[PDB]
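Here, Bestatin is shown bound to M17 leucyl aminopeptidase.
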Amino acid sequence: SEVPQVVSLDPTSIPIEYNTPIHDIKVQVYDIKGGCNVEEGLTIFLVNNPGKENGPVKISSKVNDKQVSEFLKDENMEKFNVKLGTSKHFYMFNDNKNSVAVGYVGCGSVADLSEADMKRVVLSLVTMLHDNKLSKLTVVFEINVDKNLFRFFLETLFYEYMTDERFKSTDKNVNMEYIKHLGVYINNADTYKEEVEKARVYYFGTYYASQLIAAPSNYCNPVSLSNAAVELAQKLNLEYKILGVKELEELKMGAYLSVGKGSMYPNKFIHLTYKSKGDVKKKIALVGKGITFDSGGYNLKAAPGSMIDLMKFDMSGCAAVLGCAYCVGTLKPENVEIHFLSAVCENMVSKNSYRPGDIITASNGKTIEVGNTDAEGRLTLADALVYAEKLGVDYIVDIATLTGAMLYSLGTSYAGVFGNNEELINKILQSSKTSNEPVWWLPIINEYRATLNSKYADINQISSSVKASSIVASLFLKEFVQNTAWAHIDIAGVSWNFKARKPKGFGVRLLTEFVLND
Amino acid sequence: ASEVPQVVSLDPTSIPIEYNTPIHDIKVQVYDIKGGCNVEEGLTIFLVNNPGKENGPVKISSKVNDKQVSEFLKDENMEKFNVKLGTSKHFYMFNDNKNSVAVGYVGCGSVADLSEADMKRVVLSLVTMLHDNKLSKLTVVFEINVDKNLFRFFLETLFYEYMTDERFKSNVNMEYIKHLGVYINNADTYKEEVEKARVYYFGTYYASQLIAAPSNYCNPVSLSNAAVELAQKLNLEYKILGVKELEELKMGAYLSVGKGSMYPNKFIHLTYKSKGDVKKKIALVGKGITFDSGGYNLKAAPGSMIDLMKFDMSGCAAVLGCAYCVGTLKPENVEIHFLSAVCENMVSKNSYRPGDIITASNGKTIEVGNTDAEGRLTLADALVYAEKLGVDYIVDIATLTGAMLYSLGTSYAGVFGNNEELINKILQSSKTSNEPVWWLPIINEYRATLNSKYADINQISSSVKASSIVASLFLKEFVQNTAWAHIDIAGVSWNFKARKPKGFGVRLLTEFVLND
Amino acid sequence: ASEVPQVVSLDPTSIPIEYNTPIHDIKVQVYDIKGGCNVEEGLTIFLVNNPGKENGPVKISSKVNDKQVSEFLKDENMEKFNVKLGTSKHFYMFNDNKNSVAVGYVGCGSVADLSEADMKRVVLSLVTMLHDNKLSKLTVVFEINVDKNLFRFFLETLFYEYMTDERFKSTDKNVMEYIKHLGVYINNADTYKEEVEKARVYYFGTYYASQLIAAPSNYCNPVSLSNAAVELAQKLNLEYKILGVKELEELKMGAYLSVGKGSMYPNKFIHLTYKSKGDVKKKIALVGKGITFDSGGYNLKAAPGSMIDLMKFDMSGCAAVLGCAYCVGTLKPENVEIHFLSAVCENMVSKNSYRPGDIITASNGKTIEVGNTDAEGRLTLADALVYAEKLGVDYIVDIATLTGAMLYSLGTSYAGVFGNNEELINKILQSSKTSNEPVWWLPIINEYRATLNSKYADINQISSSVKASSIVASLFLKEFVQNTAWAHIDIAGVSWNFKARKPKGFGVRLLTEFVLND
Ligand SMILES: CC(C)C[C@H](NC(=O)[C@@H](O)[C@H](N)Cc1ccccc1)C(=O)O
Ligand SMILES: CC(C)C[C@H](NC(=O)[C@@H](O)[C@H](N)Cc1ccccc1)C(=O)O
Ligand SMILES: CC(C)C[C@H](NC(=O)[C@@H](O)[C@H](N)Cc1ccccc1)C(=O)O
Ligand SMILES: [Mg+2]
Ligand SMILES: [Mg+2]
Ligand SMILES: [Mg+2]
Ligand SMILES: [Zn+2]
Ligand SMILES: [Zn+2]
Ligand SMILES: [Zn+2]
């Protein structure tokens with residue numbers, strides 16, 4: 001419970017914003033066949049031109065205003081093109097003689113937008129919202145989108161529009177004002193209406209994970225992160241328990257505890273549970289790596305390219321799992337019981353730290369020879385997986401910023417999924433599709449298992465000879481699931497948006513769609 | 001033949017090649033295990049497992065036709081030994097006729113389905129005995145369960161691992177066997193795999209010979225000479241394009257790479273055509289860099305492995321190895337073009353430079369960001385050449401990106417492509433050849449990193465570290481409207497532990513051509 | 001016996017040590033070859049060579065007391081096999097009593113005197129025949145010439161390589177049975193019999209050192225390692241004193257204390273004494289470097305190739321000295337008093353650690369400017385050498401994993417010896433010859449002395465200019481011995497068997513032969 005401090009100025013909680021400005025936006029959806037009213041604020045058309053690379057803009061909607069309809073005639077629009085992510089603003093007086101702003105974002109010439117294309121559209125729309133004090137946005141869909149992509153549009157709009165100012169003090173943006181109303185016109189509106197508040201929920205799970213990830217290691221440490229998790233559980237009425245060191249010692253969690261030895265913050269293992277009222281048909285454990293700062297330990301992140309300054313993000317797994325708890329707790333699916341687990345700790349340099357070469361004993365009795373203190377995530381996950389399997393679940397899914405090698409294999413757009421069960425992997429791939437968080441299935445190559453044979457311990461933490469480190473880490477984790485369907489999502493390459501200098505909150509919507517689909 | 005230039009008169013002017021190998025003299029017989037075993041002669045090895053009982057005892061069930069060997073094989077003696085994968089024992093003894101025989105076993109663990117990796121460990125253990133034996137016959141008794149493809153793989157791997165390459169040396173511990181007996185259940189169905197294995201073995205071994213051949217022996221001229229000689233022996237159509245023809249074709253990307261080399265570029269084009277109607281045309285394109293120094297981007301960083309870079313023509317060797325198999329097995333209804341833009345990547349006053357803008361044969365200008373990304377430059381022009389042939393499929397195979405070691409490692413190659421059906425055919429070939437491959441994505445979001453400020457395209461990304469995916473995006477720019485796949489064998493081509501090539505890809509490509 | 005401090009309750013509080021090993025249960029019988037060999041149960045291996053003829057044929061020359069086995073081993077049958085060094089074959093047949101027997105040979109090549117390295121190769125071949133074969137007995141027939149020392153070395157090596165250290169195995173023990181009996185046939189057997197128990201003692205001292213070296217730094221820390229030394233003294237009836245920090249401060253051991261400042265484990269200085277019951281004619285101090293983990297300190301081992309993961313091995317000098325104590329205490333030489341010393345500590349990174357640049361005062365009052373916290377071994381040895389000279393001994397010999405440069409100079413096979421006294425160096429070289437643990441004499445080059453001149457302190461810990469780091473270390477140590485014959489053995493290159501992934505226990509037999517032959 002109490003966060004230790006070195007000096008009185010050290011923070012004792014993570015600041016967390018629950019009621020965000022996005023939550024105050026009144027959203028209305030209307031059917032496009034009634035025509036568009038253009039009365040105030042900004043009205044943006046989403047337009048493409050199938051076939052025609054950089055083709056002309058042609059506004060097809062009925063617009064219920066003579067002045068605006070006149071402005072938007074093909075002749076007047078012909079100067080402009082649909083190049084993806086392109087946009088323009090128009091200014092005019094409507095029939096009520098009130099000035100309005102109108103514009104468009106180009107959605108290109110391929111009639112089915114990828115998740116990345118749609119994100120490009122949303123970013124252009126967001127630049128129209130920034131540096132312009134507007135009370136209302138209206139979006140007219142003149143493109144084709146399924147229900148999941150419409151929801152993705154809104155989630156992405158909400159998340160990209162929201163600006164995280166929790167750590168601003170003298171430099172808050174004096175000009176940021178958020179719209180209070182969002183109008184949407186789309187064909188077959190009634191079927192899209194359900195997606196609006198689901199988007200709002202998914203936006204918040206994602207933005208909540210993001211807040212946790214962006215919070216630096218002096219704010220977000222094992223104690224404050226587990227305290228935040230308790231507060232979340234209380235707000236959603238989830239069952240919760242936080243296991244402290246004495247309980248962890250009783251459970252013989254020697255791999256997890258060795259990692260956190262050198263830290264000033266005691267280890268805290270988070271265990272939240274959602275249980276549907278009614279028959280429980282699937283039981284699922286979701287396990288998130290929760291290293292609140294990864295210095296590397298005695299194998300210090302000192303090599304060029306090791307990104308030590310980014311390592312507050314090494315609890316992104318735990319944050320995805322807590323974001324997922326927010327969504328599941330809010331949407332209340334039937335027929336399931338979900339355990340949201342994270343072994344939280346910090347990997348530090350101290351007289352008290354574990355050392356390279358140390359032999360430690362995991363909670364399932366396996367001895368492990370530590371070959372590199374910087375492979376700490378798999379040690380904490382090892383004990384968390386053992387704990388998960390004891391719960392008697394149908395599926396165990398872990399999510400973790402586990403290996404830097406992901407940047408060289410899949411890069412920054414797709415997460416890797418590994419697993420011991422093809423049906424579970426397919427469920428995750430399915431969830432990747434409907435969440436629009438991209439994942440690619442990678443193999444657990446058993447030929448490399450022999451490189452984890454230790455001369456002294458039961459197993460080596462790291463390979464001597466294999467450089468395929470994401471596969472080797474999956475081989476190691478596999479040793480801590482005995483007989484349960486298990487998949488492991490490595491988000492090391494996708495978690496942080498290096499270009500925008502912010503978290504993605506990657507995996508919240510993926511894991512939630514996984515729970516919901518099941 | 002073109003003459004190979006020499007700096008001194010001691011410089012070699014051809015690659016030595018062994019066509020006739022001791023493996024070719026092995027008479028192979030397959031017998032049904034249901035009849036019991038004849039152990040009267042030579043070295044007999046039982047392949048044995050113990051399901052469930054991990055590292056459990058050896059127990060041999062087969063009846064054998066010798067009372068002395070029966071005694072040796074009794075449960076009480078055999079239980080002194082265990083089945084741990086690759087563990088072996090063998091003993092010399094006298095049979096009923098007082099003739100020297102030897103008898104032993106290789107442990108096959110306690111899992112009934114052996115993977116190709118597992119089967120490799122079994123074979124290595126068998127080969128260790130063979131490299132220290134001298135008896136005229138080996139008999140292998142399968143008391144384990146393998147499918148037809150895995151049985152073929154066993155044979156191929158046995159032949160390949162048993163054969164030792166002594167071309168560059170100037171045992172009194174062994175002699176090559178003249179006979180191989182195999183006892184296995186349903187022997188009749190397995191018999192047809194034998195000569196197929198012997199063909200796949202030599203395709204693989206031939207590729208290996210070319211890869212292991214050092215870069216003073218195997219240069220663009222001697223390698224293309226070797227391909228002409230292979231084509232002649234197989235009756236394939238062949239054409240070697242030299243520098244003047246290559247300039248006429250405007251192959252600026254490929255020619256730029258070889259500018260620094262004393263050896264003129266040579267583009268190998270062999271063709272197999274079926275005697276009956278052609279229903280399918282395929283181009284197989286192999287990366288053919290006979291030595292990759294890196295160029296001005298010299299391989300000087302720790303772990304860059306410049307000492308290994310004679311292996312950078314592994315894709316070319318795999319294609320030529322495939323041409324041996326195809327030219328030998330003679331598939332019907334197919335026309336296959338075997339292609340390689342061969343050159344050497346060197347440091348010279350004459351070399352291309354980082355920064356150069358060069359023009360590929362399809363008109364695209366390319367800004368060179370790194371002279372050690374030379375493979376994709378030579379493949380760009382080879383791909384444009386392939387597409388102009390009007391084929392149904394283009395498959396390229398190349399030691400293209402060091403990043404493979406960090407994504408899939410040393411066991412599985414990666415495949416990328418623009419066509420799902422073709423990728424699935426490659427995956428299926430991978431399953432039947434037992435040369436493992438994994439599908440990796442061409443991620444279009446990374447394509448913008450290849451937008452050059454000056455040229456039509458960048459050779460490399462400044463930002464994206466997913467270099468195998470970026471390389472594939474680059475190559476995809478050189479295939480306009482044909483099903484195409486790219487196999488990156490950088491991680492998988494060289495066997496680091498054994499200090500020798502794998503010949504990776506021969507069987508994969510041959511299976512592709514034969515079964516599709 | 002001090003309490004081992006723990007960070008968590010799962011931290012181990014002692015080093016596990018096996019004293020009664022399966023090798024100790026083996027009954028050894030030596031027979032003279034003139035009586036013929038009896039060939040019965042187990043496995044009977046002939047060691048055969050063929051002088052002149054590289055890879056020449058096997059010919060078995062011993063009389064075998066069995067007609068069937070004699071027929072089997074006749075020249076005609078054996079000539080199809082060759083003597084290539086390390087090569088081996090197994091034979092199966094029925095003896096004259098109709099009982100199946102296993103026989104075989106190991107090739108010993110064509111050179112009539114085997115080097116220590118060649119013999120190791122023969123033994124490794126023999127061990128592979130023992131492994132994965134449930135045998136009650138092994139019989140070895142020598143048809144090669146070995147002197148008494150080489151015979152003993154054969155047995156020591158056999159025992160050492162055969163013994164498998166499973167102390168840290170839990171779930172992965174080798175489901176491994178040992179022979180109960182070892183028969184040896186050799187010419188002039190009566191003359192070799194005395195080597196058998198000597199070999200068995202030397203095996204254990206070596207294996208004991210090996211157990212200490214392989215024990216990871218969480219098990220083997222300065223408190224637990226000094227407790228193990230106490231236990232060993234109690235078992236052997238050696239005197240002992242363990243000096244703790246209060247006594248070390250009183251003795252002004254500032255160099256040694258500074259190295260340990262960063263550790264959570266208090267320094268412990270080990271002092272064991274063996275004294276012969278008769279008139280003492282020689283007094284000897286053996287000093288071993290005792291760093292239980294070397295992180296480098298603030299000069300962290302982060303450089304590629306710094307092998308931080310192997311640094312549990314930095315107490316290998318101390319282990320060799322304690323292995324020597326075992327042998328000496330067991331064999332009980334006369335007319336000698338031996339002091340076994342080690343300044344044990346751990347070199348860590350902490351708010352409390354010593355710093356690059358710190359100036360510290362050794363117990364002989366010399367001030368030392370610290371140039372690199374990773375040159376910590378010579379600082380601990382400085383103080384241990386001052387203590388040792390105060391004892392009033394005739395010879396001081398230290399042994400230490402002191403400099404990585406040994407790998408570039410002598411490599412992994414030979415240790416280097418440096419000293420201030422040629423008579424003593426020659427004694428060490430003679431011990432090397434009779435122990436078969438190779439050492440080469442290296443110079444202390446006075447010309448480099450000047451590069452240890454400190455602008456501020458009395459001396460520099462390290463050279464800024466000279467890259468010959470092993471010689472520089474020796475020069476520095478020389479300054480802490482005023483008037484006594486001293487030698488220094490640098491075992492950094494030789495201690496760890498990199499290929500086999502285990503210690504050699506190097507130095508035990510060398511130091512024991514030194515003591516015995518004096
Ligand atoms: C020691 C290695 C085998 C494993 C090591 N893994 C780690 O450091 C993880 O604990 C890192 N948190 C993973 C990471 C590294 C760089 C960027 C993003 C994420 C890695 O270097 O990838
Ligand atoms: C600059 C990069 C995008 C590409 C570069 N590619 C190359 O060097 C190729 O020409 C190499 N032939 C690929 C290679 C590297 C290391 C081991 C085996 C194979 C590489 O370093 O992987
Ligand atoms: C700073 C240098 C002059 C001295 C430094 N010495 C050390 O690090 C010792 O404390 C090390 N124990 C030496 C070592 C390194 C690698 C393998 C075996 C032994 C060394 O690098 O050898
Ligand atoms: Mg790490
Ligand atoms: Mg290159
Ligand atoms: Mg050091
Ligand atoms: Zn981490
Ligand atoms: Zn290359
Ligand atoms: Zn040291």
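Each chain gets a letter, A, B and so on, in the order the sequences are listed, and its residues count up from 1. For ligands, and for the atoms within them, numbers begin at 1 and follow the listed sequence. Part of the entry, not all of it, is on display, and contacts are counted within that displayed part.
Lab note - all copies counted, Bestatin located at ligands 1, 2 and 3.
Every other chain with a heavy atom under 4.0 Å from Bestatin (ligand 1) is named here: A. In this structure, residues within 4.0 Å of Bestatin (ligand 1) (heavy atoms) are A/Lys289, A/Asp294, A/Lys301, A/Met307, A/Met311, A/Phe313, A/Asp314, A/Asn372, A/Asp374, A/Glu376, A/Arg378, A/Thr401, A/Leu402, A/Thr403, A/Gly404, A/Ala492. The peptide-binding residues of chain A named by UniProt that have a heavy atom under 4.0 Å from Bestatin (ligand 1) are exactly: A/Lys289, A/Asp294, A/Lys301, A/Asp314, A/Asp374.
Not a single N or O atom of A/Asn372, backbone or side chain, sits closer than 3.5 Å to an N or O atom of Bestatin (ligand 1). The shortest N/O to N/O separation between A/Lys289 and Bestatin (ligand 1) falls below 3.5 Å. The UniProt annotation of Zn(2+) binding in chain A and a heavy-atom cut-off of 4.0 Å around Bestatin (ligand 1) together pick out A/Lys289, A/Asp294, A/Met311, A/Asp314, A/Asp374, A/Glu376. Of all the atoms in Bestatin (ligand 1), the ones that sit under 4.0 Å from a non-hydrogen atom of A/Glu376 are 10 (O). Between A/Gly404 and Bestatin (ligand 1), an N or O atom pair is found at a separation short of 3.5 Å. Close contacts of Bestatin (ligand 1) with A/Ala492, meaning ligand atoms under 4.0 Å from a residue heavy atom, involve 18 (C), 19 (C). Closer than 4.0 Å to Bestatin (ligand 1), one finds the following other ligands or ions: ligand 4 (magnesium ion), ligand 7 (zinc ion). Any N or O atom pair closer than 3.5 Å counts here, and A/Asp314 shares at least one such pair with Bestatin (ligand 1).
Considering backbone and side-chain N/O atoms, A/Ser306 never comes within less than 3.5 Å of an N/O atom of Bestatin (ligand 1). Every N/O-N/O distance between A/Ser469 and Bestatin (ligand 1) stays at or above 3.5 Å.
In this structure, the UniProt active-site residue of chain A with the shortest heavy-atom distance to Bestatin (ligand 1) (to 1 Å) is A/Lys301, 3 Å. Looking from atom 9 (C) of Bestatin (ligand 1) to the surrounding protein, the closest heavy atom is A/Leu402 O, 3.0 Å. Every atom of Bestatin (ligand 1) with a heavy atom of A/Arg378 under 4.0 Å away is listed here by number and element: 4 (C). Taking every non-hydrogen atom of A/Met311 and a distance limit under 4.0 Å, the qualifying atoms of Bestatin (ligand 1) come out as 16 (C), 17 (C).
The PDB records the source of chain A as Plasmodium falciparum.
Close approach to A/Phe313 involves these atoms of Bestatin (ligand 1), each under 4.0 Å from a residue heavy atom: 18 (C), 19 (C). Within 4.0 Å of atom 21 (O) of Bestatin (ligand 1), not a single protein heavy atom is present.
Residue A/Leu407 has no nitrogen or oxygen atom sitting less than 3.5 Å from a nitrogen or oxygen atom of Bestatin (ligand 1), judged on distance alone.
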